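Have a look at the structure below, then the notes.
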Amino acid sequence: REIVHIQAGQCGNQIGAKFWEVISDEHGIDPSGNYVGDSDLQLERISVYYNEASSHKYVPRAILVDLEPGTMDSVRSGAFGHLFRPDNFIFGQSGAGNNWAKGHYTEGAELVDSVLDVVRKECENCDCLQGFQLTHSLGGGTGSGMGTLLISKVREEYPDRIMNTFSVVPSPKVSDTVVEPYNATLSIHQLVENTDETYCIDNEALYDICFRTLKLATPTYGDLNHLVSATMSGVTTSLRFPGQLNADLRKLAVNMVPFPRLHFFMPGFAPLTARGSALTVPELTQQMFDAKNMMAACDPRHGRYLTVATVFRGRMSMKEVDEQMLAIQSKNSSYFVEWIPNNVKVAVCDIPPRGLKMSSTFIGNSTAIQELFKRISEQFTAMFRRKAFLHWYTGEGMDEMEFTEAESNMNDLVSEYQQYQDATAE
Amino acid sequence: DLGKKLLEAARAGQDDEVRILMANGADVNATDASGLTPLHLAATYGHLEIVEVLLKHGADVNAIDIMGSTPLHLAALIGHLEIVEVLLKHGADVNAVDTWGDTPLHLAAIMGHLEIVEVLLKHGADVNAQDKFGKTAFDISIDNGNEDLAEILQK
Amino acid sequence: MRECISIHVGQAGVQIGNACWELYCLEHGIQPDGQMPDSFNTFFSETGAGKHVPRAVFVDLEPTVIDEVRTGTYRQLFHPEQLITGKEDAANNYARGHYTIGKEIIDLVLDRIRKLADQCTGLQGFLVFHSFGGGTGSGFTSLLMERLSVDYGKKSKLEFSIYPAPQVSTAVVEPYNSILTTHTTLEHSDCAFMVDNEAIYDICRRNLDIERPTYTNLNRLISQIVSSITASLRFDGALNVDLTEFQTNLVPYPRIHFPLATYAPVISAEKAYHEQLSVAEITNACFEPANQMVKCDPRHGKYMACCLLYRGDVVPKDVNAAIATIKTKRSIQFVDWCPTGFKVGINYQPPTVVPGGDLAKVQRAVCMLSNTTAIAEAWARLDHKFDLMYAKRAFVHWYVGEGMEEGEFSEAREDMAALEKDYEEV
Ligand SMILES: Nc1nc2c(ncn2[C@@H]2O[C@H](COP(=O)(O)OP(=O)(O)OP(=O)(O)O)[C@@H](O)[C@H]2O)c(=O)[nH]1
Ligand SMILES: Nc1nc2c(ncn2[C@@H]2O[C@H](COP(=O)(O)OP(=O)(O)O)[C@@H](O)[C@H]2O)c(=O)[nH]1
Ligand SMILES: COC(=O)Nc1nc2ccc(C(=O)c3ccccc3)cc2[nH]1
Ligand SMILES: [Cl-]
Ligand SMILES: [Cl-]
Ligand SMILES: [Mg+2]
């Protein structure tokens, strides 16, 4: 039933705040916690993300974490900033300086226990805890370094709970800091072993969408986060609203993850809109299979789909949906592995998102995601070959062979995808 | 030894401690264990004022470490645009190849330093230079779908 | 008067049990509160207040579905202690339903069943409703069947099993669960009536003019067929008067205990003035594949047994004449070691249809239960989907992580291979 949300670091807290603004509006929740909605459907599954306080007040089951005090002040200044439980703000004083080592072994380790005490308090309150949800970047130090430390500590305490992450992947197009490949490679190692699902939210792709499709000369983090919050809203639709699907996180992962290490998804969304600016079902179905709509800078046609889940939101003909979805598979039958029968599934929710009569969200488990990891591995290897900036990490206790291991594990993952990309039914 | 102290002073960016060490005869072209010189380290960590001072006093702009890395390789990898321009102005080999077959254009391409890419091209970067896997800088931009970089490499 | 206890496992079982007991009540003139202004005592106990209470248990590992029974029109009908729910479901994982989560509630389910059996003067056995694809309908059912064979060794056990169809399912692991539960249940079940959701789906579309059938559309049609299969147990007829007789008339060999059901006529409620179909017409429709519960071609197979269960205004002489015509048909080939004959039962009550359903009233209807080798085609389809996924070990880690050994996959698959061979050797 209940989900415990965590958001770590500057990026984690920023996209995490935007997620709560979006689904709160969908559920008709006031910035003070008061429900002021029209429909009863807005409340059926409200307990999944909201604790039901005394005065008919709904309080996000969210924990906010950061070694930087600044980002916490900015959350409260937001529209819904005072909706969060004050005691669920856990922040250090020093900051992470974009150093994965500082977040994972040094400052982060000093603060991780204080964070788990807050997680435990939220958990014991849950009737039947469904899983954990984390938002964070992989290129920084707090979200990447301390986020993955949090995941492994949460995995120890709650081994039988699902752990999904919305992980933002670094791109030179968004932040120029050149240690991000280090931080992301060290983190992806952690995610491969300790998360059940990971949504690859690639800043490369977010920028390209804004810059080339939405024609935004200079995309801001708000332009990028508009795409992220809309994606996260659709990805969690089946959990938050009544409809065909009644599945918990565990059931959603069981049918999407054929292999334990291949749980990194390509999320997509249609239509793509800029902040403040209706498609047919065929135009919706075509768009979300189109490379331009992917939130991970990968071309699906360069790989093969293992599993695909799509959720349509709005009032629309289910039959027309079934036919279009059928139209794509048979037309592109080669891009879907033939050794997982019926691997493309569809769901519909009559309640559309804010400002749209029609929308659809795409969740792909595609071998083409290896293009993302090969891009990071290439940058990682360019820096690591020249040993540039390693002192920042070895000075924080890290061993140098941790870098070789992360690189090695990164490439084993790439090889796994390529293995199943070439396998046949025979 | 004054060479080790000039190396460390150039890494940390201590401008004043560089000229003092150079005032007591510090080897401007001193090498560490891996063959890096003060100019390698100042260019790696964005210390422009030390880069220019070293070049005014006998620094080999095209010195190479054990792995064949020149100062321009490192400045291009890390993204220091001004340092890249100074080095070229003082005769940096725009097409120096290291032990991995990489040229400064390769490393600027890999790391998405588009401004450096353009500068290197304007100074004669070889678009046909192949690394030890056969990739040119344009191959790298196609393989990782970098449309912005590919357009730059085609003009 | 020998009692029968119905057990409904998982969402599919529960929701189909709802439609069945809904229909049972109407056929015996029982109100939703059990009040009534003899024969049906086999399925309904009788209290001192005159309340007729189903001899039924509903079991699910999460409470969403059974909670609607506890608040629907029939909240008064059932024993409340016979509506049993856990809090966390099997996540479409056979292993969860059988090994980890299922074992946390099995003892309670048995004690509640014992309570019902203690009120039986001569318990015949159990009717078990469940899906193949669900983790509860598969894993917990096979666990329940194993435990019932130990505690009720002499009693008979019948299954109504929902065979998976991609058109109305969002799970990809259903082939696994389907073979796993069949393997471990085969030896503990005396007779099993499989319901192919695709067959019910096509019937709802072709005969009932329903473009997008819901689970309610399917279940009302399914319950109409279950009712006609169990009618003999509730109306003191001549044919199949006790559970033991199902096996005698339909199962010449214990492993080949999957009879094919064919029901006719299915007419849309919009055609309230259709010309009534003769006995000969509805009988010939029992040999049209389009009316069968499992999709397969009996013309390829051979009959080992054949029962015709008529309901309504049916004169025995017209049945003998219609069968006389059927025996000339070349498509109907019996095995050489069986009486080439049809066991006939007639229930002169006019068929009942639920108010709110999609079926027109008819004066006469029939259900043919036949044990044909052709149903092995339905096993072949499942076995093939199983083979494609298990060749790459896809999804297997989900099961191994829930108290199951990988060897059980191949052990179950070999059992299926031996079952297909059993059909070939007949
Ligand atoms: N005919 C029919 N089929 C159903 C119904 N509900 C679910 N199914 C089918 O059953 C399969 C899914 O398994 P469920 O029965 O829903 O799962 P479960 O037994 O509750 O076990 P869990 O995995 O723990 O949820 C799919 O093939 C569905 O198409 C129903 O009401 N009627
Ligand atoms: N989309 C998005 N990405 C961000 C945001 N803030 C930082 N990032 C990315 O995250 C990386 C920097 O990590 P950051 O979260 O700032 O470090 P941390 O605070 O220590 O966890 C860079 O790749 C940034 O592009 C944001 O608001 N939105
Ligand atoms: C907080 O973390 C998550 O929300 N994780 C997550 N995983 C998912 C997988 C699938 C879906 C669907 O919408 C769906 C659509 C059609 C058929 C089946 C499922 C939704 C998911 N959400
Ligand atoms: Cl579907
Ligand atoms: Cl006969
Ligand atoms: Mg269920």
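All chains are named by letter (A, B, ...) in the order of the sequence lines, taking the proteins before the strands, and each is independently numbered beginning at 1. When a ligand or atom number is given, it counts from 1 through the structure's own listing order.
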**Study point:** Drug name for ligand 3
**Key:** mebendazole
Check your understanding: Which polymer chain has more close contacts with mebendazole than any other, using its name in the PDB entry?
Key -> Tubulin beta-3 chain
Check your understanding: If you measure heavy-atom distances to mebendazole, which other chains fall under 4.0 Å?
Key -> A
Check your understanding: Does the structure show any other ligand or ion less than 4.0 Å from mebendazole, and if so which one or ones?
Key -> none
Review point. Near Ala347(A), which atoms of mebendazole are under 4.0 Å from a heavy atom of that residue?
Key: 15 (C), 16 (C)
Check your understanding: If you measure from each heavy atom of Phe265(A) to mebendazole, is any distance below 4.0 Å?
Key -> no
Check your understanding: Looking at the PDB entry, what's the name given to chain C?
Key -> Tubulin alpha-1B chain
Review point. Taking the minimum heavy-atom distance to atom 1 (C) of mebendazole, which of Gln133(A), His263(A), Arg240(A) ranks first?
Key: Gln133(A)
Practice item. Please state whether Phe19(A) comes within less than 4.0 angstrom of mebendazole, counting heavy atoms only. Key: no
Review point. Heavy atoms under 4.0 Å from mebendazole: which residues of other chains qualify?
Key: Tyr49(A), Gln133(A), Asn164(A), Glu197(A), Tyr199(A), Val235(A), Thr236(A), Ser238(A), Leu239(A), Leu245(A), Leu249(A), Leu252(A), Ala309(A), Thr310(A), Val311(A), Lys345(A), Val346(A), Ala347(A), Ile363(A)
When you check mebendazole against the protein, what N or O pairs turn up below 3.5 Å? List the atom names and distances, or just say none.
{"residue": "mebendazole", "atom": "2 (O)", "partner": "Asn164(A)", "partner atom": "ND2", "Å": "3.0"}
{"residue": "mebendazole", "atom": "5 (N)", "partner": "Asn164(A)", "partner atom": "ND2", "Å": "3.1"}
{"residue": "mebendazole", "atom": "5 (N)", "partner": "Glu197(A)", "partner atom": "OE1", "Å": "2.8"}
{"residue": "mebendazole", "atom": "5 (N)", "partner": "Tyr199(A)", "partner atom": "OH", "Å": "3.2"}
{"residue": "mebendazole", "atom": "7 (N)", "partner": "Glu197(A)", "partner atom": "OE1", "Å": "2.9"}
{"residue": "mebendazole", "atom": "7 (N)", "partner": "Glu197(A)", "partner atom": "OE2", "Å": "3.0"}
{"residue": "mebendazole", "atom": "7 (N)", "partner": "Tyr199(A)", "partner atom": "OH", "Å": "2.8"}
{"residue": "mebendazole", "atom": "22 (N)", "partner": "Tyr199(A)", "partner atom": "OH", "Å": "3.4"}
{"residue": "mebendazole", "atom": "22 (N)", "partner": "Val235(A)", "partner atom": "O", "Å": "3.0"}

